[PDB]
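Overview of a structure with dabrafenib.
By the numbers in the PDB entry, the shown part of chain A spans 140-177, 196-311, 315-434. The basis for the numbers below is simple: all heavy atoms, side chains too, and nothing from hydrogens, waters or symmetry mates. Header lists the method as X-ray crystallography, 2.3 Å. As the structure lists them, so they are numbered: ligands from 1, and atoms in each ligand from 1.
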Amino acid sequence: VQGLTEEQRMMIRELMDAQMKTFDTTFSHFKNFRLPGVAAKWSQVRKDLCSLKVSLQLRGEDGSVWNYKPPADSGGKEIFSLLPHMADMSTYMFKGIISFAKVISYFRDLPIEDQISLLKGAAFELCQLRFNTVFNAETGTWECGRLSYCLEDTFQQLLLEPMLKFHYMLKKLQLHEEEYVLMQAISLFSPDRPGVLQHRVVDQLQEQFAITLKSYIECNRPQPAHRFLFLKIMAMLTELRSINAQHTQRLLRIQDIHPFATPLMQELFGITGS
Ligand SMILES: CC(C)(C)c1nc(-c2cccc(NS(=O)(=O)c3c(F)cccc3F)c2F)c(-c2ccnc(N)n2)s1
């Protein structure tokens, strides 16, 4: 509303427009995805994979329901059964993220080589930000339209896994749509991603997205619960970058022993094909 400059309001409008056009919140176009079948190293890969045990539910348009419960680790390959499905979901999410960036004027004006570097740097993080908006913290469930992913009761022991503590702590802030898309912009325009050339312009763009966020919070959120909301959000973005670097290493480890990354995932994670 008011309290923001015209450039700031236009900035938020452009991000909201881009989010509206490229985030399929009902996941209606996520289709033809794979499903789990009807050294050590392997030790590290086994703990890498048992962190996020999730059950899966699919509600058919006709009213039927399929439910999938994963196996326990039995020292064998059953730990890989969800990877093809998660790869297809990640790939679907990444395409929406790429379309989000491409619709935004500030991003489209950078050199293409820096566009690519920025997308490689932040695709994971924008994916997690979008998933948080469909996260139900009461049921521990990501509600993706006809699909649901539910954490398997194994509990603050779950809040020990950094991605999961991230989703609960971010949901707790009860952000608006505008604050989520500003979080996405700040993360997308990070001057320090590997291989970025235009450090100073990306940093100025980022600073302007951060300032718009701080001003949006100050003019629209006077309640004592939202004191320091801006700084809490920025601490969450720092944590999410840390989560990004751990899960990049985790993906490359799993990929080393059990290949699964899609071609789009390989491009974003720097896998060359040889
Ligand atoms: C749908 C739901 C339940 C919320 C999930 N999303 C992701 C998730 C979130 C963000 C990005 C990617 N895909 S990814 O390509 O970034 C990636 C993997 F697919 C696998 C391992 C690491 C990794 F970074 C994801 F799979 C999940 C995820 C993330 C990392 N590892 C595992 N095993 N699952 S689980």
Legend entry - Largest contact partner of dabrafenib in terms of UniProt: Nuclear receptor subfamily 1 group I member 2
Inset, instruction - Taking only heavy atoms of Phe281 into account, list the atoms of dabrafenib that are under 4.0 Å away from them. - result: 10 (C), 11 (C), 16 (O), 24 (F)
Legend entry - Residue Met425 vicinity, atoms of dabrafenib by number, heavy atom under 4.0 Å: 15 (O), 19 (F)
Inset, instruction - Name the organism the PDB gives as the source of chain A. - result: Homo sapiens
Legend entry - Sub-4.0 Å heavy-atom approach of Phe429 to dabrafenib: yes
Inset, instruction - Tell me which one of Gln409, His327, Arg410, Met323 gets a heavy atom nearest to atom 28 (C) of dabrafenib. - result: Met323
Legend entry - Proximal atoms of dabrafenib relative to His407 (non-hydrogen, under 4.0 Å): 22 (C), 23 (C), 24 (F), 29 (C), 30 (C)
Legend entry - Under 3.5 Å: N/O of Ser247 near N/O of dabrafenib: yes
Inset, instruction - Find the UniProt domain of chain A where most residues contacting dabrafenib lie. - result: NR LBD
Legend entry - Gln285 near dabrafenib by a heavy-atom separation under 4.0 Å: yes
Inset, instruction - Go through dabrafenib atom by atom and flag the ones less than 4.0 Å from a non-hydrogen atom of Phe288. - result: 1 (C), 6 (N)
Legend entry - Sub-4.0 Å heavy-atom contact, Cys284 with dabrafenib: yes
Legend entry - Sub-4.0 Å heavy-atom contact, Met243 with dabrafenib: yes
